[PDB]
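Prostaglandin G/H synthase 2, liganded with lumiracoxib.
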2 protein chains.
Amino acid sequence: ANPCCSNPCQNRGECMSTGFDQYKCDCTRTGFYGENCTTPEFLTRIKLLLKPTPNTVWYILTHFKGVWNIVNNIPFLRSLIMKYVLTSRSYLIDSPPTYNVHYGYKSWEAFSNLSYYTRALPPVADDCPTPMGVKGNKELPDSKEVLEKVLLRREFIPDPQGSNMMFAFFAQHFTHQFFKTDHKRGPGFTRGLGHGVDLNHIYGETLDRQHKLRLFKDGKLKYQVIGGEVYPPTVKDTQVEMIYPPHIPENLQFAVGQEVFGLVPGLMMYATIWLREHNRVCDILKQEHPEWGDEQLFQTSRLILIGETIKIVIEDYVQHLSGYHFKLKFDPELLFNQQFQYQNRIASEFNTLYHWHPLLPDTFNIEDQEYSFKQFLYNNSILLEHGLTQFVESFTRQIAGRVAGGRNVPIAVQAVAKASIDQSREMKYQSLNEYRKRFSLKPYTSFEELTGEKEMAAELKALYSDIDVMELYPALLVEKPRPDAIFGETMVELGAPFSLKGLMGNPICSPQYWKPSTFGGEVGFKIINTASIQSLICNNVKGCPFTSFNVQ
Amino acid sequence: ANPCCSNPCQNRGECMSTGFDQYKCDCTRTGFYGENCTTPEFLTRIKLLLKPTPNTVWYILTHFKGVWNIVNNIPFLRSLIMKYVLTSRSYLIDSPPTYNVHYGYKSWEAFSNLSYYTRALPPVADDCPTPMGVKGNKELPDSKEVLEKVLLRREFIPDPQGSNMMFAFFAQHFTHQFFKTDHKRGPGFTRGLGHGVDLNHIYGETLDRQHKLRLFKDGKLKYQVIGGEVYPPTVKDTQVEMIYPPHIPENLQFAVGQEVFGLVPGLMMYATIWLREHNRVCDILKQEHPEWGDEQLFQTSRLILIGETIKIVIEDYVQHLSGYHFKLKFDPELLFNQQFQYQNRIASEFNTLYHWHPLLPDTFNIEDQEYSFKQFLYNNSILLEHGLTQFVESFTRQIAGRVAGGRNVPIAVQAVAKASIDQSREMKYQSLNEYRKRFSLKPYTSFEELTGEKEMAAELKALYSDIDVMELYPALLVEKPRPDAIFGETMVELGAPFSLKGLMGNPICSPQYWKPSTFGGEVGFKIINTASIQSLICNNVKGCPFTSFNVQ
Ligand SMILES: *[C@@H]1O[C@H](CO)[C@@H](O[C@@H]2O[C@H](CO)[C@@H](O)[C@H](O)[C@H]2NC(C)=O)[C@H](O)[C@H]1NC(C)=O
Ligand SMILES: *[C@@H]1O[C@H](CO)[C@@H](O[C@@H]2O[C@H](CO)[C@@H](O)[C@H](O)[C@H]2NC(C)=O)[C@H](O)[C@H]1NC(C)=O
Ligand SMILES: Cc1ccc(Nc2c(F)cccc2Cl)c(CC(=O)O)c1
Ligand SMILES: Cc1ccc(Nc2c(F)cccc2Cl)c(CC(=O)O)c1
Ligand SMILES: *[C@@H]1O[C@H](CO)[C@@H](O)[C@H](O)[C@H]1NC(C)=O
Ligand SMILES: *[C@@H]1O[C@H](CO)[C@@H](O)[C@H](O)[C@H]1NC(C)=O
Ligand SMILES: *[C@@H]1O[C@H](CO)[C@@H](O)[C@H](O)[C@H]1NC(C)=O
Ligand SMILES: *[C@@H]1O[C@H](CO)[C@@H](O)[C@H](O)[C@H]1NC(C)=O
């Protein structure tokens with residue numbers, strides 16, 4: 001019924017109904033005009049020829065390594081390029097946010113209600129004839145069939161980029177502070193009202209939860225010592241609610257910021273490391289400020305660990321998966337002379353892109369042991385058995401699975417991979433090509449172009465019939481990977497804008513926050529600016545084991 | 001004890017303790033250096049000579065009326081000047097926000113907790129020897145003595161700018177959507193979690209309250225017809241909670257967005273006007289969009305009334321009290337090529353500046369009646385008796401009191417004016433001169449310089465002894481007024497940055513929102529851009545009575 005169901009407006013134009021069977025496109029500041037905003041203005045036509053393809057920019061950044069060696073050592077030039085990286089990506093994000101799962105039009109409810117994930121593209125109207133709008137059949141192909149044919153893992157396909165389990169669990173740990181779906185309300189809702197990197201997975205979402213976790217001495221968080229090693233406190237000691245099976249002994253019920261981090265020892269490993277990092281920073285700040293109280297020591301340490309997290313994510317984590325030879329740089333000053341909104345709203349699609357199920361291995365290999373999913377889940381006894389040192393060394397060695405390329409989703413999490421499909425449909429997501437156009441990508445003309453091969457493409461064509469009906473999430477996992485890369489084009493070109501906007505949109509990156517006094521002086525400021533995944537492990541894990549996000 | 005108690009850092013430098021009796025100033029991006037950030041850099045020294053005094057800029061804007069007549073009709077030039085107005089003011093505001101009543105240092109608690117008013121200046125630390133830091137005596141002068149000597153009204157002093165009661169009640173009505181002190185928590189807390197112009201005083205703060213107020217037909221709000229006139233619904237009919245004395249008849253207990261607007265008929269008058277405006281806009285939008293449902297009609301009308309509100313505040317309301325001959329302009333496009341944060345956090349100080357107690361008259365003169373405070377309070381029967389038309393005509397005629405100049409606080413509200421003083425001390429406000437310096441003003445060197453006279457100045461000197469101890473709030477009401485103006489310099493130079501930042505910081509002023517489709521097309525967009533305090537009254541009040549923010 002809705003005349004906008006066909007998504008007629010192009011180039012980020014906005015569609016509005018002007019009757020029961022008529023519409024109008026708002027071409028304001030899109031650079032285009034005409035009925036569907038497809039006729040480019042003069043300046044627009046120029047940029048279309050100048051601006052390079054994303055597979056060209058990716059090529060430049062991931063090749064000419066000898067040239068980048070020169071550029072990386074020229075601070076002026078390095079800053080110039082990183083500046084362009086930050087600005088060009090964040091331009092794709094609406095800020096302040098617009099739509100959510102319940103509003104395909106702008107409204108104060110959509111803006112003000114922080115319980116929603118926001119949406120980069122509006123939901124398909126409920127009164128639309130087809131799930132994608134007007135194209136396709138009355139119902140999308142069976143999600144179980146999509147899963148089994150092109151998603152489920154036959155043989156384990158390792159990541160050619162060499163991403164290890166330190167990378168895998170970091171991603172899971174890091175993103176679970178702003179991906180906290182409120183399953184009581186629905187998949188389009190979140191419990192992470194900070195909508196960013198606030199480290200609530202360490203300190204707790206609520207003030208009540210934070211105080212139960214705090215020692216209230218020297219700004220530190222509560223902890224316990226087991227075998228001479230520092231571990232998180234227990235549920236019994238702090239009364240913070242955690243998610244554990246009833247058969248789990250209460251001395252193994254560790255209490256941390258995020259309630260689900262008891263799920264896997266890999267998450268509990270990072271929770272422990274970050275816990276130690278907080279208290280380490282407390283000691284350092286106390287050395288500098290003996291006149292400071294517990295409260296200021298805590299708050300300043302939290303701001304410092306936020307800085308470290310963003311530092312590490314940009315210069316280690318993102319640096320790895322991007323495959324760039326350009327040396328990425330966390331420098332908030334790069335945006336001080338730029339137009340930039342220091343705010344963020346977590347997008348539903350960003351959460352969907354981050355469903356990296358194929359990343360998981362078939363077994364979790366710690367030391368000489370090889371644990372199954374059943375043995376690994378909710379089993380912190382494994383962590384106490386081997387220790388953090390053995391955990392880091394083992395996870396540094398074990399490679400992770402390739403995400404793009406198809407058929408690499410471990411069958412142990414098939415219900416989870418199917419939920420992504422189902423829930424994406426439940427949230428009325430628009431098609432793959434709609435999202436590609438939204439982020440300046442050309443639509444795929446065939447399933448073969450999408451997969452880069454023949455077999456899976458044929459399988460998908462039997463299911464979806466039309467390429468313009470192809471869903472976003474399963475397309476990410478079967479997409480033709482970039483040359484020896486872990487991802488396809490869609491994953492990176494869509495995800496980077498959400499990521500960098502979330503990282504740089506943090507208030508500590510703003511000019512009034514980004515100064516030594518915010519972090520207790522130059523000493524605390526230096527902790528942020530010299531942070532790395534290696535130094536994080538070195539300072540907090542016994543023996544200072546070598547670590548990295550790739551296998552050696 | 002705290003080495004920062006003397007507020008040693010100048011030019012918005014930040015003070016940090018480096019020991020029990022030592023400090024360090026963070027001079028980052030202040031334009032100054034040295035121990036106290038008092039030594040100007042070269043570029044800074046230039047601007048100091050170039051940049052004009054606020055009492056000179058005010059002079060230019062409020063004089064040379066013949067010249068402004070030419071400028072106002074040159075769209076390029078008018079836009080250029082309004083641009084500078086918006087940018088130069090908003091630069092004084094920290095955005096994202098920093099301090100609150102409980103944090104004199106930056107912290108994630110201070111940033112993330114929206115229940116706090118933010119603070120333009122940090123509170124004086126609790127372990128400071130004197131209430132202002134180090135200067136003055138152990139305790140500030142008795143607030144009752146300050147009140148009775150230089151604040152309380154002897155003879156009614158009318159506003160020379162001709163501000164009427166339409167202005168007074170507009171101010172009270174308008175500001176009570178973001179000044180909603182949570183008295184359960186303390187004076188530094190707020191219930192207005194939107195921290196801006198969201199019109200929650202019309203639509204309710206919570207979703208539960210909004211749905212009780214809505215008709216769920218044609219996007220409209222519930223209403224009742226009394227004597228052929230449209231008035232708000234009752235508490236009994238809608239079950240929304242309002243604040244009323246137990247003796248108030250339930251047919252007179254009107255239910256509106258703000259729970260306190262039953263307090264005075266002046267507020268209920270505006271609540272009724274805006275209620276009618278929402279339903280009027282619903283009719284217009286329904287005419288254009290018969291295919292729209294109740295929800296979209298409601299949401300779009302709300303965004304439109306938000307636009308009208310900002311439009312009226314800038315071009316009628318602010319236009320009046322500013323005294324400018326320059327024609328102010330609400331144009332979000334003026335900031336599209338500028339650096340600006342589309343966000344806002346309501347400052348405690350802005351609330352304190354807005355305690356315009358001297359504005360109130362001695363009686364509320366409606367038609368041929370003259371009501372006392374006792375008769376006027378909680379008496380909506382007055383509103384039904386005379387009607388909206390008579391209210392508008394009467395309030396347009398009745399002049400309001402001068403705010404600056406001293407001794408004009410009506411004794412009927414002395415308990416409220418005393419509370420303003422006491423709560424300011426409770427929230428540990430810094431001195432008047434500290435806040436003047438914060439907003440680029442020179443400190444007052446004497447009480448005579450502050451008041452511009454002799455008698456009140458002597459009174460204050462006996463109470464405060466030192467000018468550097470003089471409090472902010474009572475200083476506003478006794479300050480030497482600008483020539484034939486309602487305010488002194490401090491009130492305007494401090495308030496204008498808070499005001500304009502809140503208005504333009506609204507998400508509908510952002511480039512992604514500021515387009516016709518957001519407001520249902522050009523017809524709705526036109527409503528915002530042609531809104532005025534007169535058109536608001538003309539469209540919604542029978543007879544289209546003349547109205548204005550000044551007496552005729
Ligand atoms: C914002 O800060 C206020 C003040 O600290 C918090 O209110 C306190 O909440 C605790 C519960 O954890 C109560 O025991 C205190 O009595 C409250 N104090 C006051 C003054 O009300 C509030 O919880 C914080 N809000 C958020 C969202 O964290
Ligand atoms: C944000 O939106 C959600 C969804 O509309 C609101 O949750 C609803 O709240 C009402 C109460 O007013 C309940 O009757 C519904 O069952 C809730 N729905 C869901 C899906 O949870 C929520 O209240 C909104 N948040 C705010 C702060 O207004
Ligand atoms: C779904 C997704 C997409 C891209 C990235 N990172 C990334 C990338 F893979 C290439 C260039 C820049 C960035 Cl920020 C990430 C990881 C991250 O930035 O948090 C996730
Ligand atoms: C305490 C206070 C100070 C200044 C103003 N308005 C105002 C003014 F009085 C002069 C110049 C610009 C502006 Cl925005 C106002 C009114 C307002 O904008 O809400 C209140
Ligand atoms: C705009 O799009 C509609 C539907 O997508 C199409 O039928 C029409 O031809 C288009 N108009 C143009 C391209 O001018
Ligand atoms: C948990 O891990 C330990 C190894 O430390 C193993 O012995 C035990 O069987 C595991 N528990 C389950 C339920 O698999
Ligand atoms: C800085 O301020 C302190 C206290 O206000 C003062 O004692 C000191 O002399 C100042 N230092 C300067 C102005 O260099
Ligand atoms: C309320 O106003 C009416 C006039 O409409 C007046 O007669 C009455 O006395 C007032 N009520 C009180 C309690 O003063």
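Note on naming: letters A, B, ... go to the chains in the order of the sequence lines (proteins, then strands), and numbering restarts at 1 for each one. All heavy atoms count here, side chains included; hydrogens, waters and symmetry mates do not. In each ligand, atom 1 is the first atom listed, and ligand 1 is the first ligand listed.
One finds lumiracoxib in this model at ligands 3 and 4. The heavy-atom neighbours of lumiracoxib (ligand 4) at a 4.0 Å cut-off, by chain: B. Among the UniProt-annotated heme b-binding residues of chain B, none has a heavy atom closer than 4.0 Å to lumiracoxib (ligand 4). Using a 4.0 Å cut-off to heavy atoms of B:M491, the atoms of lumiracoxib (ligand 4) that qualify are 1 (C), 3 (C). Close approach of lumiracoxib (ligand 4) to B:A496 (heavy-atom distance below 4.0 Å) involves ligand atoms 3 (C), 4 (C), 12 (C), 13 (C), 14 (Cl). Looking only at heavy atoms of the protein, atom 19 (O) of lumiracoxib (ligand 4) is closest to B:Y354 OH, 2.4 Å.
Closest to atom 11 (C) of lumiracoxib (ligand 4), if we only count protein heavy atoms, is B:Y324 OH, 3.5 Å. Given atom 13 (C) of lumiracoxib (ligand 4), the protein heavy atom at minimum distance is B:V318 CG1, 3.4 Å. Among protein heavy atoms, atom 8 (C) of lumiracoxib (ligand 4) sits closest to B:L321 CD1, 3.5 Å. With a 4.0 Å cut-off on non-hydrogen atoms, B:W356 touches lumiracoxib (ligand 4) through its side chain and not its backbone. UniProt lists residues of chain B as binding substrate; of these, a heavy atom within 4.0 Å of lumiracoxib (ligand 4) is found for B:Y324.
The UniProt active-site residue of chain B having the smallest heavy-atom distance to lumiracoxib (ligand 4), to 1 Å, is B:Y354, 2 Å. For lumiracoxib (ligand 4), one of its N or O atoms has an N or O atom of B:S499 under 3.5 Å away. Each of the following atoms of lumiracoxib (ligand 4) lies closer than 4.0 Å to a heavy atom of B:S322: 10 (C), 11 (C). Heavy-atom separations between B:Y317 and lumiracoxib (ligand 4) include at least one value shorter than 4.0 Å. Close approach of lumiracoxib (ligand 4) to B:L500 (heavy-atom distance below 4.0 Å) involves ligand atoms 14 (Cl). The binding-site residues for lumiracoxib (ligand 4) (non-hydrogen atoms, 4.0 Å) are B:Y317, B:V318, B:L321, B:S322, B:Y324, B:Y354, B:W356, B:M491, B:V492, B:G495, B:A496, B:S499, B:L500.
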